[PDB]
Structure formats: C-alpha cells, structure tokens
Amino acid sequence: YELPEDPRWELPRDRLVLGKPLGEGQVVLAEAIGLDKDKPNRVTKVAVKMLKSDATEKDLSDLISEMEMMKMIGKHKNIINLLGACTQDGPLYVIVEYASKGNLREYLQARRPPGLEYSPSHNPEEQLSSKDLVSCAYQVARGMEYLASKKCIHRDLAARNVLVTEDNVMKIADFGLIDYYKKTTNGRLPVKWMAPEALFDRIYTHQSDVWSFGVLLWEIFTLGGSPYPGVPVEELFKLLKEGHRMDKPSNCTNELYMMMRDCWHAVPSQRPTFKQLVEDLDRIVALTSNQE
Ligand SMILES: Cc1ccc(C(=O)Nc2ccc(CN3CCN(C)CC3)c(C(F)(F)F)c2)cc1C#Cc1cnc2cccnn12
C-alpha cells in the first residue's frame, strides 16, 4: 500500500488514462500524458500492469520485485522497457512499452500463407519474407544477448514471451518475473521449451535459455507452430531422455536447422552463446533473400 517514491520513474496518476484490458495480475492499454520531461503535452500509448482485486501481499511483492528488476536491467531496443510507475496514493501501476501487434506466436500465425481447400478462408493482408523471419530471430537473439550481459536468465523464453510493436520490433517480455502439467492460455505446455538440465536438474543458466531460443527459432520457421503437438509431459520426458530432436521445418535452410540443433546440444557448455548467435544471425540476415 505505502511504497517509497522513486522520482526517476514516478508518473502522476492524473497523467495516465486507463483503457481496454490487454491480458490477465492484469495488463491494460493506457495513454500517458507527458511521460517524457519534454513534451509534457504528447500522449504515448503504454501497457499498464497492476494487481487484480483478489491479490495478496505476495502478489504485491512480486510486482514490486519485477519493477525493481526492470530498473536494474536498463534499456534495450529488443526488450519491453519500463517507462514509469504510479506507486503513491493508490494501486501500484508498472508502466511499460506497448506492443500493438501482440506476441510473436500470434504475429507469425496471422501472417501464415492463405488458406487452401485442404486447410480455407485465412486471407492475410500481411506477409513475411525469409529475410524477415531471420530478422525476427536476430532481434530476439540481440535482446537475449543484452539480458545475458545484465546477468539476467529468462527461464521462459518462447514466442509467447516476445512482443511485436507497430514498427515490427521484437521485444522480449516476461509472463523480470513449478507445475509441469500446467498449460498456457493457448493450451500449450511450457516444459516443451525447457532445457533437459532445467527440466530434470532445475539448473537454469544462459545455456538453458539458448536451448529455449532453439525452440523459439523452430517456432519462427514454422510460423507459430506448436512444439510436440499431442505429446503429454511424461512422453516429452521420454523423448528428451532418448535424445530426440524436432525435425527440420520446411522453408528452413540447413544452416538455420544446424543452428537450432546446436542450441539443442545435450551438453550445455557446447551450445552456442547468445553473443555467437547474434553474430551468426547478423551474417545470415545479410545473405538471406527478401525476394521470397
Ligand atoms: C505490463 C507489463 C509488465 C511487465 C512486462 C515485462 O515484460 N516484464 C519483465 C519482467 C522480467 C523480465 C526478466 N526476468 C524474466 C524472468 N527471470 C526468472 C528473471 C528475469 C523481463 C525481460 F524482458 F527482461 F525479460 C520483463 C511486460 C508487460 C507488458 C506488456 C505489453 C505491451 N504491449 C502488449 C500487448 C499485448 C500484451 N501485453 N503487452
């Protein structure tokens, strides 16, 4: 309730115009007036995180901790950035950048090629080239390399946790933040993104996020495909113990599949780092056709 004031980040409440809910604590779309010192007269569309009415002191401490972590990490183009907070005289609001094109999974699926008689009415007004897909991978690797340089371990890197802005910029999110059988809102199992050592030994490192990044690359090249569809938790454990790896998606180069497979090295020390992935993806982007 009574939080201390951080003038670096404090935005007066009368400057924030709460709008439609974006997700559910809970996230709402809002308009911030004079978020920056100049101009005090410009409105910026923002996303506001707040607690729900049924929240406890632990939920408040979690929101505070998340806001505190975002302050420490600092700004990067490929992460959802903290813009402000309302901590005084009312509920805590954590104001962050708004990504109008939703999560990367939704973004990719909406840009899938048009429906056919064997699918047949998916008629997108939006389409992605091969260069655009490698660009998404590069931007996510860049956000992750930055987070890694700030000693941050994501633990849930997946296309659902990557947001897309109006300018098509990839931004890593978290929803700064376990039941293996718990499914996402979309009905998918997060264990399908977890490195075996994180899954079986609860060892979380940058190497285990690199494993998750390999699953994220697979999600990109299948245009929002669902990893291991119809595979329950127990069968997934068995696939990992057998050293099973997902097949190469169609419209994926041998080079990019080799990258996915490298991210999925059984030995964590042998996986590429985010620094190596950013360099390889930088070179690959430049050589990838935008003609198809
Ligand atoms: C309201 C809000 C609050 C917070 C965050 C947020 O991303 N917080 C965050 C917390 C922790 C971490 C890092 N940790 C991960 C865990 N790990 C164990 C420790 C390290 C990071 C990270 F980006 F650095 F990864 C971010 C996003 C939103 C949003 C939004 C928004 C904007 N546009 C749209 C459009 C549709 C829907 N939502 N939306």
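Numbering starts at 1 and runs along the sequence shown. Whatever order the structure lists ligands and atoms in, that order sets their numbers, starting from 1. Values below: all heavy atoms of this structure, side chains included; hydrogens, waters and symmetry mates excluded.
- Drug identified at ligand 1: ponatinib.
- Counting heavy atoms closer than 4.0 Å to ponatinib (ligand 1), residue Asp174 contributes atoms from both its backbone and its side chain.
- Contacts of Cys152 with ponatinib (ligand 1), taken as heavy-atom pairs under 4.0 Å, involve the side chain alone.
- Of all protein heavy atoms, the one closest to atom 37 (C) of ponatinib (ligand 1) is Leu22 CB, 4.1 Å.
- Where the criterion is an N or O separation shorter than 3.5 Å, residue side chain and backbone included, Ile153 meets it with respect to ponatinib (ligand 1).
- Residue contacts with ponatinib (ligand 1) for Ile172 involve both N, CA, C or O and side-chain atoms from C-beta outward (heavy atoms, distance under 4.0 Å).
- For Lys171, the closest heavy-atom approach to ponatinib (ligand 1) does not fall below 4.0 Å.
- For ponatinib (ligand 1), none of its N or O atoms has an N or O atom of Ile80 under 3.5 Å away.
- The option from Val94, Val96, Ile95, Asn103 that lies nearest to atom 29 (C) of ponatinib (ligand 1), judged by heavy atoms, is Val96.
- Residue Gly23 places no heavy atom under 4.0 Å from ponatinib (ligand 1).
- Near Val27, meaning under 4.0 Å from any of its heavy atoms, are these atoms of ponatinib (ligand 1): 1 (C).
- Atoms of ponatinib (ligand 1) lying under 4.0 Å from at least one heavy atom of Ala47, given by number and element, are 30 (C), 31 (C), 32 (C).
- Here the heavy atom of the protein found nearest to atom 39 (N) of ponatinib (ligand 1) is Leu163 CD1, 3.5 Å.
- Close N/O approach between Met70 and ponatinib (ligand 1) is not found [any backbone or side-chain N/O within under 3.5 Å].
- Taking a cut-off of under 4.0 Å to the non-hydrogen atoms of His154, the atoms of ponatinib (ligand 1) that pass are 15 (C), 16 (C), 17 (N), 18 (C), 25 (F).
- At under 3.5 Å, a nitrogen or oxygen of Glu66, whether backbone or side chain, sits near a nitrogen or oxygen of ponatinib (ligand 1).
- Residues touching ponatinib (ligand 1) within 4.0 Å, heavy atoms only: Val27, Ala47, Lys49, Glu66, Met69, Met70, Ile80, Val96, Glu97, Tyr98, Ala99, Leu147, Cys152, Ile153, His154, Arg155, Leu163, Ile172, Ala173, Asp174, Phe175, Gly176, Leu177.
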